[PDB]
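In this PDB entry you will find N-phosphonacetyl-L-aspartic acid.
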Amino acid sequence: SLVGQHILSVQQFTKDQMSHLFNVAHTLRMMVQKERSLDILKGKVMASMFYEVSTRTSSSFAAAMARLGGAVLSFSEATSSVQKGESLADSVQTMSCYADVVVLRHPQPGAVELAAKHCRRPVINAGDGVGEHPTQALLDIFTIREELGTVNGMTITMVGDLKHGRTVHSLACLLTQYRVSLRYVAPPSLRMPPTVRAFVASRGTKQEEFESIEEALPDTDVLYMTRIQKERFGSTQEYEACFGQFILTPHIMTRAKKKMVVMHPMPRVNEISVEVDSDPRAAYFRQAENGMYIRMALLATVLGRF
Amino acid sequence: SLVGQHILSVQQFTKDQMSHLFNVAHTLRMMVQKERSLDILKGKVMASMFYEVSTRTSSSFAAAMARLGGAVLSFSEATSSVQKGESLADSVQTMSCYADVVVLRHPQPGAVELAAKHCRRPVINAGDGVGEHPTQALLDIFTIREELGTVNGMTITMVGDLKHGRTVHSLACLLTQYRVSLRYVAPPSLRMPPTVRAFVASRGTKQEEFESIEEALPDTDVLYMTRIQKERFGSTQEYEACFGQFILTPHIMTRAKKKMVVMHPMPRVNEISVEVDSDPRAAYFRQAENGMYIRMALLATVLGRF
Amino acid sequence: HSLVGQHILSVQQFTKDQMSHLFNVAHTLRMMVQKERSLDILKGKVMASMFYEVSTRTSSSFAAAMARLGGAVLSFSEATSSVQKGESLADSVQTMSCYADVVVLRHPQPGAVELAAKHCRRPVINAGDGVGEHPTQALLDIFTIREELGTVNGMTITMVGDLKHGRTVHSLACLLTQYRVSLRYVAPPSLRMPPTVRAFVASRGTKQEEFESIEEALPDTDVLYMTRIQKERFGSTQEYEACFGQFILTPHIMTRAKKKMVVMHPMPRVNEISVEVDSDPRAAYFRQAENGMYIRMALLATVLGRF
Ligand SMILES: O=C(O)C[C@H](NC(=O)CP(=O)(O)O)C(=O)O
Ligand SMILES: O=C(O)C[C@H](NC(=O)CP(=O)(O)O)C(=O)O
Ligand SMILES: O=C(O)C[C@H](NC(=O)CP(=O)(O)O)C(=O)O
C-alpha cells in the first residue's frame, strides 16, 4: 500500500501496486469526465519544489492536485530562500511543515533520496538529474497498456540519449516486471548505462542494440523517442555532434507495424517531425494527458483516500 | 455563441455577444459583492501562459478563475521547458491536456492565433506583441459604458504610442461597433498603424488626429492615455525622444469636461501625474477592477456556464 | 482589541489582548486542521502575495494558510510582473488590492511597506521591509516561546548574530516589552542592535545586556534566538566574510545549556547552527516554522473579520 511512502525509485513498485494505481487512475479519469465532485484532497496541500525546469511534470502534478480539490504551493529555486544560502535538506524540511506532500525535482542525482531522509511527509521524486523519473515510468507503462492492450509480449524500442535520459533508466528497470523485449538505438557515447543494462540483464529481459531506427522499426510495438539532453553534456561540441542523429519522419513510419505506438516523454526539439503528429499511432500528447490522471492516482493513494 | 471558442480578435465580437458578456459580468459582480457561493467553475482549470511580463492581465484572469471556484496553472517561459527548447505549438497543446482554457500572452504578433490554430481547447489572446489585446478592449468599452452610461454618441482621444499599442489597436477597431468619434494624439513616428486606420475608415467612424492633449481635450468624453513602450523600440535613442512628451497634469485637466473620464490600460510611468488620481474622473483604477469581472464573465461563458 | 480590516505593519500597533486572542484563534484553527474539519472560512476570498525579495517560510506559510482556510492566492513576483514595464510600488500594490481582499508585501527598502499601504483600500500585511521590521515573524516567535516553555514571563531571551540587519530581531525585541523579560545581546560591534530599538526597549523598562559570546550567555538563557549574518545587506563583501561564521552553535556548547530552554531561528541558516543540533529536543526552529502557518491563518481570518 502506497500510503504515506516516499516515492523515490521504480524499484519499490510491486506489480500489484501499479495495477491498484492504474485502476484508481481509471476511476479518477471517469469522474473528471462525468463532472463529478472531487473533494478527495480538500484540506491537503502539495509542495511543488522544482530546482530544474519543468512543463509537463510540474503542470500535471498541479492540475491533478487542483482537480482532487487540493491546493498547490509553488516553489522555484530562483525566488526562494535558496538565494540566502538555504540547504536542500532544510528547504524540504520546511516545505513539509506547510504541506502534506512534497514533489521535488533536482539537478543532482540521489539528491531527492538524500533530502527525503529527514523529511517527515511523503516526498515524490519528479526527476533526480540523470538518475530516475519514477512517476514518468509509471505513466509510460499506463500509456503502453492503454494504446495497445497489453504490455506483456511487447517489443519496446528506446531511441536517442539513453545515458542522460532518466526516463528510460526508470522505464527500462520497471519494464522488468513485464514480459518484454527491449531494443536500444543510441550512438556509442549515449548508450544505456551499465548498472541499468546490468540490472535489466539480471531480471532476464532480453536487451539488444541497433544502429538505426530503420532496422528496429518493423518489429517495434512501442517506439519511445527521447531528447538529446543538452544541459547534461560536458561540452557543446559533444552535444552538437549528437544533435540530430535520429529524426523520425513520416517516411520512416511507412514500415512501422499497423499495431504500434510512438511515444516521447517530451519536450521534443528536432527528433520527431511535426508531420508525425497526425498519424494516430503518435500518442505522445495522449501520453501527457494520461500523466495527470496517474499523478491524481498517486496523490490520492499516497495521501490515503484511494 | 461564445461557448468553446478561441478569443483571438475583437473583429470576432458582435453587439449581442458584448451585451450578453457585460450583463453576465454585472450578474457575477453582484454575486461576489453579496458574497454568495461560487462554484461555477469548480474542478475546472485554466492554463495561464505568459511569455511577456504582466500584472493586470495575469492577476485578473487568476482572481477571476478563483472567484468562480476554478484553479490556475501558472506557466512561465523561464521556469518552463521552453528552456529545453520546446516550441510554442507543443507548449500550448500540452497545457491544454491539463486545462479547460488557455490564456496566452506572447511577444510575437500572430503567435497566439498560430498557437490557437490547431489547439483543441479555447485559447484567449491576452496580448500578442504589437498585435491585439481583445479582452482589454472588451473591458475598456465596459468601463466607458459604466462611467458615462453610453458609448454611442461620444468622442475618444487616444494619446501616446498608437503604433505599438495593442490595447488601442483592439479598442479603436471595436469602438466602430458604436456611434463614436476618434481623436489621435501621438508624435509623427507613433501614429496609429495604417491597416487599423483603413479598417476604421472602412467601417465609417471619424478618425481625426491632433497636436496635443490641450487641443483634443475640450470636446473629449474619454481621454484614453497609453504608455510609451520601451521594449518595442529598436534604439533607446528612438525611445528617449518619444518618452515623457505627452503628460497629463491637474492643470491640463481644469480644461476638460465635467462629464468625462481618463482611462489607461496601465502601467503608467509618467504620462499621468500622481496628482491626477484624486480627481473622481480618474477612472483607470476602476478600469482594472472591472477587468476582473469581465474576465469572470469571459471564462464562464467560454466554458459554457452562462 | 480587533484587527478586522487593519493594516499589519508594526509590532507597535499590537496590544496584549490582540495577541492573546490571535494566539487563541491560532490554536482553534490548528485543531480544526488536525480534525480534517472541512474549512471554507475564506472561501471566495483572495490574497495577493507580493514578494520583492525572495522567500520560503513567509511566502509559503501565508499561501498555505489561505489555501487551508479555503481562500485563493495570487502570486506576485517582481521579476515577471509589470514592475519591469516601469510600474512603481504604489501602483502595483493599489492594482493588486483591486483583485484581492488582502495584500501581503515583502520589499527591500525599509518603510516602503507602510508607505505603499498609505493609499491602499485593503489590508496590507508587512512580511518584511529591508532591515526594518517583520511583524508576523515576531508574533509567531512569541507563540513558539509560549508553547515551548509554558509562558513568556520571567524568561530571559538571548539574541545572537547580525542584530543590526535583523528585521525579525527588531520586531521581536520591541514586541517582547509587552511581557516581563530580560534581553541578552550577542553581536560583533559592527552588527549591534540599532539605537532606535534598544532605547525603545529601555523606555518600556526591560533589562538589556550585551554579552561577549554564546558560551557566557547560555547559563541563564531560556530562549536562545539565533540569526543569520545577512550577506545581501553588507557593504562590501569584505565586511561580510569578516563577520560570516563568528557565532556557531554546536552540540558541545549545548551541553552547558539549561534543560528547560529552547533554540530558535527564523531561517534559513547557513552554518550558525550545526546540523548535528537538529535531533536535540530543544531545537525548536522547525516547530517554530509550522507554528507560523497557524499564526498566519489566524491573521488572515481576523484581518478579514472571521474571528
Ligand atoms: O527532459 C526530457 O527530455 C525528458 C524528461 N521530460 C519531462 O520530465 C517532461 P517536463 O520536463 O516538461 O516536466 C525529463 O527528464 O525532464
Ligand atoms: O503594457 C501596456 O503598457 C499596455 C497593456 N498593458 C496591460 O495589459 C497591463 P499588464 O501588462 O499588467 O497585463 C498591454 O497591451 O500590455
Ligand atoms: O532571513 C533571515 O535571516 C530572517 C528573516 N527570514 C524570513 O522571514 C524567512 P523567509 O525569507 O524564508 O520568508 C528575514 O529577514 O528574511
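Quick note on labels: first sequence line is chain A, next is B, and so on, each numbered from 1. When reading the values below, keep in mind they use all heavy atoms of this one structure, side chains included, and skip hydrogens, waters and symmetry mates. Remember, it's 1-based here, ligands and their atoms both numbered in the order they're listed. Determined by X-ray crystallography, 2.1 Å, according to the entry header.
- Structurally, the greatest contact with N-phosphonacetyl-L-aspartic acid (ligand 3) is made by what UniProt calls Multifunctional protein CAD.
- Other chains making heavy-atom contacts shorter than 4.0 Å with N-phosphonacetyl-L-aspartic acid (ligand 3): A, C.
- Under a 4.0 Å non-hydrogen cut-off, the residues that form the binding site of N-phosphonacetyl-L-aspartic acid (ligand 3) are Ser81(A), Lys84(A), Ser55(C), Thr56(C), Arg57(C), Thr58(C), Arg106(C), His134(C), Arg167(C), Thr168(C), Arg228(C), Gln230(C), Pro266(C), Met267(C), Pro268(C).
- Close contacts of N-phosphonacetyl-L-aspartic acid (ligand 3) with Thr56(C), meaning ligand atoms under 4.0 Å from a residue heavy atom, involve 10 (P), 12 (O), 13 (O).
- Residue contact check: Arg167(C) has heavy atoms under 4.0 Å from atoms 14 (C), 15 (O), 16 (O) of N-phosphonacetyl-L-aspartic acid (ligand 3).
- Under a heavy-atom cut-off of 4.0 Å from N-phosphonacetyl-L-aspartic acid (ligand 3), the UniProt L-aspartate-binding residues of chain C that qualify: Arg167(C), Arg228(C).
- The UniProt annotation of carbamoyl phosphate binding in chain C and a heavy-atom cut-off of 4.0 Å around N-phosphonacetyl-L-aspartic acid (ligand 3) together pick out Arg57(C), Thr58(C), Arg106(C), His134(C), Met267(C), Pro268(C).
- Between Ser59(C) and N-phosphonacetyl-L-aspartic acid (ligand 3), a contact under 3.5 Å exists for no N or O pair.
- Listed by number with element, the atoms of N-phosphonacetyl-L-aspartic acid (ligand 3) under 4.0 Å from a non-hydrogen atom of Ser81(A) are 10 (P), 11 (O), 12 (O).
- Ranking protein heavy atoms by distance to atom 4 (C) of N-phosphonacetyl-L-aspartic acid (ligand 3), first place goes to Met267(C) O, 3.8 Å.
- Nearest protein heavy-atom neighbour of atom 3 (O) of N-phosphonacetyl-L-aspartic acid (ligand 3): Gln230(C) NE2, 2.7 Å.
- Considering only non-hydrogen protein atoms, atom 1 (O) of N-phosphonacetyl-L-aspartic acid (ligand 3) sits nearest to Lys84(A) NZ, 2.9 Å.
- For a threshold of 3.5 Å applied to N or O pairs, the pair formed by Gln137(C) and N-phosphonacetyl-L-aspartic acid (ligand 3) contains no separation below that value.
- The distance from N-phosphonacetyl-L-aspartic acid (ligand 3) to the heavy atoms of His134(C) drops below 4.0 Å at these ligand atoms: 8 (O).
- The single protein non-hydrogen atom nearest to atom 13 (O) of N-phosphonacetyl-L-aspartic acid (ligand 3) is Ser55(C) OG, 2.5 Å, given as residue, atom name and distance.
- Protein heavy atom closest to atom 5 (C) of N-phosphonacetyl-L-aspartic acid (ligand 3), with residue, atom name and distance, is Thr168(C) CG2, 3.8 Å.
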